[PDB]
Structures are given as C-alpha cells and as structure tokens.
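Overview of a structure with minocycline.
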Number of protein chains: 2
Amino acid sequence: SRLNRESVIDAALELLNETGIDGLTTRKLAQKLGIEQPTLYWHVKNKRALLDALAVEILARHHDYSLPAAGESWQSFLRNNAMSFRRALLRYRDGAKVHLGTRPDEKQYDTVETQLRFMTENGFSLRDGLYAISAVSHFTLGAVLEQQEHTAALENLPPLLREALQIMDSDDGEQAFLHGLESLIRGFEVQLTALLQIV
Amino acid sequence: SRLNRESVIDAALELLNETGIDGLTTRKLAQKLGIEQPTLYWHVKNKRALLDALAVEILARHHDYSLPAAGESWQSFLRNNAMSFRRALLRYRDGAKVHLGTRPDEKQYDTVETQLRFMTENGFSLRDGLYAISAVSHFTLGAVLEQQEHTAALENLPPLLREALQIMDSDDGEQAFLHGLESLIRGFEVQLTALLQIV
Ligand SMILES: CN(C)c1ccc(O)c2c1C[C@H]1C[C@H]3[C@H](N(C)C)C(O)=C(C(N)=O)C(=O)[C@@]3(O)C(O)=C1C2=O
Ligand SMILES: CN(C)c1ccc(O)c2c1C[C@H]1C[C@H]3[C@H](N(C)C)C(O)=C(C(N)=O)C(=O)[C@@]3(O)C(O)=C1C2=O
Ligand SMILES: [Cl-]
Ligand SMILES: [Cl-]
Ligand SMILES: [Cl-]
Ligand SMILES: [Cl-]
Ligand SMILES: [Cl-]
Ligand SMILES: [Cl-]
Ligand SMILES: [Cl-]
Ligand SMILES: [Cl-]
Ligand SMILES: [Cl-]
Ligand SMILES: [Cl-]
Ligand SMILES: [Cl-]
Ligand SMILES: [Cl-]
Ligand SMILES: [Cl-]
Ligand SMILES: [Cl-]
Ligand SMILES: [Cl-]
Ligand SMILES: [Cl-]
Ligand SMILES: [Mg+2]
Ligand SMILES: [Mg+2]
C-alpha cells in the first residue's frame, strides 16, 4: 500500500497496538504494509529510527496541551500539560516505553523553547524551570510506565497491603497520578515563592 | 558451575550488566554458567521468572533504606527511602526496566506493610499514604528510567533549549532528581497539614 511517511506511521502505530513494543518488528511492518522487507528499508531503516519517529508523532498527533493558554498561570499550564502528556502516552500500547530515552526532536524545539521561556517569565530561573519541567516529565512517565507495564506483566497478604492493592485495583492510576501532580506543583510553588529565604 | 539460587542470581546480574535487559537471554545465562539449556531450565523457567527474581534481589541486596530509623520523620524517611531506591535501581544496567511492572513480592510484604503503617501513624490516611508512596516510586523510577534509557539510546538549537541541554549534560541526573524530590515531599506536607481545610 502507500508508503508516504504518514501512511508508514499510521501502519506502525496500528502494529504497535497489536504487538507491543518488544513484538514490533520491521518484518511485521512490511507484512502489514503488503510489501517486501527491502522495499520497507528504503522508507524505514531500522526499528530504532521507527520508534524515534513514533515518539514524536504520537505527541504531534495527540498531545494537544503543549503550550499555555493566554494568561494561564504556570501552575495550571504544568497541570494541563501533564494531563495531556499522560493521555498521549496512554493512547498506544507501550506508548510510555516508546517515549522513554528520547530527547526533543528538531520538530519540537520551538515548543520546548516556549515552555522554558514561559517558566522564566513566571519567575523561575532557567535551572529551576528545567527542574520543574523534568520533574513533571519524570513523574508522568513513571506513572504511565508502571500502569502500562504492570498490565503487560499480567492470601498471605498483610492487611494494609491487601487494602492498598484493593484501592489500586479500583481505578487505572488516574487518581493517584492527579493527587501526586498536585503535590508536585505545590512544592514547586513553595520553592519559587521562597526566593532566597530559608524554607 | 554452582546452580544454587544465589549463584544463578549472581550470574544473571553479571550478564545483565554485560548485555542489558533486551539482550539478556536464558541461552546466554546457560553459557555463562557453563551448562546446557535444559540444565538451566530445571533452575530458571524463563526470562520473565528470572527478571522478576532479579527485581526482588537487587533491592534485597542493595536497597538499604527500606525502613525508617527510630524517631525519623515521615519526610526524612521518604527522602532517604527514595535516594536508596534510586541508587539500587542505578546499580545495574537497565535496573529500572528490570523493576518496571513488578509488584511487591511475598518476601517484601512485611517491609511494604511497615511503610504503609508508618505513614498512617504519621497522620496519613491509608489512601493518602499510598498516594505519597506511589508518587515517590513513580517519580524515582521515571527519573532513573530516563537516565538509563537515554544513555542506552546514545546547531539549530534555540538558546534556552541549548542551555538547558548543557545543564543536563553536566551531571548524571542527581541534582534534578533531588530538587524534584524536595518539591514532592513539601507538597505532600502541605496536603497533610491541611486536614479538611481548603488549600
Ligand atoms: C531541554 N528540555 C528541558 C528537555 C531535555 C531533555 C528531555 O528529555 C526533554 C526535555 C523537554 C521535555 C518537555 C516535556 C513537556 N512536558 C513537560 C511533558 C512536553 O509537553 C513536551 C512537548 N513536546 O509538548 C515534551 O517534549 C516533553 O514531554 C519531553 O518529552 C521533554 C523531554 O524529553
Ligand atoms: C501496596 N504497595 C503500596 C504497592 C503496590 C504496588 C506497587 O507496585 C508497589 C507498592 C509498594 C511500593 C513500595 C516502594 C518503596 N519505596 C517508596 C520506593 C520501597 O522502598 C520498596 C521496598 N521494597 O523497600 C518497594 O518495594 C517499592 O520500591 C515498590 O517497588 C513499590 C511498588 O512496586
Ligand atoms: Cl498492497
Ligand atoms: Cl494503496
Ligand atoms: Cl508509495
Ligand atoms: Cl507524508
Ligand atoms: Cl526489527
Ligand atoms: Cl518478525
Ligand atoms: Cl506563583
Ligand atoms: Cl511550606
Ligand atoms: Cl562449569
Ligand atoms: Cl562450581
Ligand atoms: Cl549445583
Ligand atoms: Cl542459594
Ligand atoms: Cl530468553
Ligand atoms: Cl541468545
Ligand atoms: Cl508533618
Ligand atoms: Cl501552600
Ligand atoms: Mg521526553
Ligand atoms: Mg515497585
């Protein structure tokens, strides 16, 4: 079938949902596309190159809150941005593992730059803004990775542990994520407002 | 060579450092142990079973701050516990990926129970204590995963991005982790002390 970049991406994302990240192979992608492996190679050099592109395109397609609304507080931006990142990562099987290890692509530079500048315009030093943005990124990835990989992995319990596992087996991870996110953001705010004061 | 559980673990951890998680195979472990594959199978049924055991034994061996010191504040316990978890995860190649998706083993039940009880003794509801413990776990995993997988993965840059990448390429991830961790813990404290007050 059609082997423009868009269509190759499309097929690889469909395959990802079917196979997961470990099971995804270029041979299987060629099959899906109805082509021979050497044909695919002209378009897609290896699995690494494919995964890198998927990580970018999943966010381009589905991460809609990359930038602050006009007049938005930095707190609200980080909240909305994290929720959006989370959702985008969850949209595909093993989507957080596809993201893991990547760094901002040229196609995301202006976006990331804007996020950093926004933080510095709201009183963060570049370093402190970086630490905030990384912490949210790490927390969000971590939460989604554990959600997705725990699902992939699937009476002498002591009572709090039994109960805590009953709580966890009762939603998908969202409540715990959102509560953690609030804690994170509030801590960032306490730090920012402290300036040079012992806190 | 010797195929007691300890020695099999030992060899698998050595192999993990040599191959990484994706490259680790039972066939390669049998080679390392100087045995044939059917011999290994008696001891180790599959890679999953092996990884599960490694995740447990890495913490048993090297995560020394599972429990609060006598009289320790909950804040200090979470800090020390997170630092210890982080270090243990970093001790082996792809160590955070080995941990990912696991849940507490029978051999960790008393430990995890104690952590939960400790939080509830310090004023947390079980749910709020769970959310704190999960948030620290997720943040720590996320940070280490990104550190380890970014290393595994290894001029039109805009200036803040260029600068931020210079900052990141200057330590291993520790400074950003520790700063984030403080933000997280302080947010937990603001929440705990609020009780039923709008905050
Ligand atoms: C320079 N910049 C801080 C870095 C450095 C190394 C990194 O590994 C990363 C960044 C930017 C962050 C921005 C975060 C942002 N957010 C805090 C989740 C984000 O919304 C985006 C985005 N493209 O909209 C990211 O790329 C991002 O998810 C991401 O993957 C990043 C990331 O991987
Ligand atoms: C019931 N309990 C809260 C759960 C439920 C699901 C989970 O997936 C987990 C826990 C306990 C947490 C405790 C955390 C703890 N810490 C906050 C990092 C920890 O120190 C240990 C430990 N064994 O000392 C964990 O097992 C732990 O790393 C872990 O892997 C957990 C984990 O995987
Ligand atoms: Cl065709
Ligand atoms: Cl076609
Ligand atoms: Cl074509
Ligand atoms: Cl195209
Ligand atoms: Cl492949
Ligand atoms: Cl294949
Ligand atoms: Cl503020
Ligand atoms: Cl405070
Ligand atoms: Cl031998
Ligand atoms: Cl021997
Ligand atoms: Cl033996
Ligand atoms: Cl033994
Ligand atoms: Cl294997
Ligand atoms: Cl092999
Ligand atoms: Cl307190
Ligand atoms: Cl406050
Ligand atoms: Mg990223
Ligand atoms: Mg765990």
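Alphabetical chain letters, starting from A, follow the order of the sequence lines given. Here chain A follows the PDB entry, giving residues 2-155, 164-208 in order. To match the PDB entry, the residue numbers of chain B are left as they are there, and the shown ones run 2-155, 164-208. As the structure lists them, so they are numbered: ligands from 1, and atoms in each ligand from 1. The deposited model was determined using X-ray crystallography, 1.5 Å. Excluded from the calculations below are hydrogen atoms, water molecules and symmetry mates; all remaining heavy atoms, backbone and side chain alike, are included.
Within this structure, minocycline can be identified as ligands 1 and 2. Counting heavy-atom pairs under 4.5 Å, the chain with the most contacts to minocycline (ligand 1) is listed in UniProt as Tetracycline repressor protein class D. The other chains with any non-hydrogen atom less than 4.0 Å from minocycline (ligand 1) are A, B. The residues of other chains having a heavy atom under 4.0 Å from minocycline (ligand 1) are listed as A/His64, A/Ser67, A/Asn82, A/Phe86, A/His100, A/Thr103, A/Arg104, A/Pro105, A/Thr112, A/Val113, A/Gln116, A/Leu131, A/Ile134, A/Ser138, B/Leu170, B/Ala173, B/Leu174, B/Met177.
Of the protein's non-hydrogen atoms, the one nearest atom 10 (C) of minocycline (ligand 1) is A/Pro105 CG, 3.4 Å. In this deposit, the organism assigned to chain A is Escherichia coli. Numbered from 1 in the order shown, with element, the atoms of minocycline (ligand 1) that lie under 4.0 Å from a heavy atom of A/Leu131 read 3 (C).
Under a 4.0 Å criterion applied to the non-hydrogen atoms of B/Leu170, minocycline (ligand 1) contributes the atoms 1 (C), 2 (N). Taking atom 5 (C) of minocycline (ligand 1) as the reference point, the nearest protein heavy-atom neighbour is B/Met177 SD, 3.4 Å. UniProt Mg(2+)-binding residues of chain A with a heavy atom under 4.0 Å from minocycline (ligand 1): A/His100. Listed by atom number, the atoms of minocycline (ligand 1) under 4.0 Å from A/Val113 heavy atoms are 2 (N), 11 (C). Near A/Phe86, meaning under 4.0 Å from any of its heavy atoms, are these atoms of minocycline (ligand 1): 18 (C), 28 (O). Shortest contact from atom 6 (C) of minocycline (ligand 1) to any protein heavy atom: A/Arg104 CD, 3.2 Å. Each of the atoms 22 (C), 24 (O) of minocycline (ligand 1) lies under 4.0 Å from some heavy atom of A/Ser67. Considering backbone and side-chain N/O atoms, A/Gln116 comes within less than 3.5 Å of an N/O atom of minocycline (ligand 1). By number and name, the other ligands or ions lying nearer than 4.0 Å to minocycline (ligand 1) are ligand 19 (magnesium ion). With ligand atoms numbered from 1 in the order given, minocycline (ligand 1) contributes 19 (C), 20 (O), 21 (C), 22 (C), 24 (O) to contacts under 4.0 Å with heavy atoms of A/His64.
Shown in contact with B/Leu174 at under 4.0 Å from a heavy atom are these atoms of minocycline (ligand 1), numbered in order with element: 5 (C). My check of the UniProt tetracycline-binding residues in chain A for heavy atoms under 4.0 Å from minocycline (ligand 1) returns A/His64, A/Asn82. Those atoms of minocycline (ligand 1) that come under 4.0 Å of a heavy atom in A/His100, given as number and element, are 30 (O). Considering only non-hydrogen protein atoms, atom 27 (C) of minocycline (ligand 1) sits nearest to A/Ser138 OG, 4.3 Å.
At the top of the distance list for atom 17 (C) of minocycline (ligand 1), counting protein heavy atoms only, stands A/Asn82 OD1, 3.0 Å.
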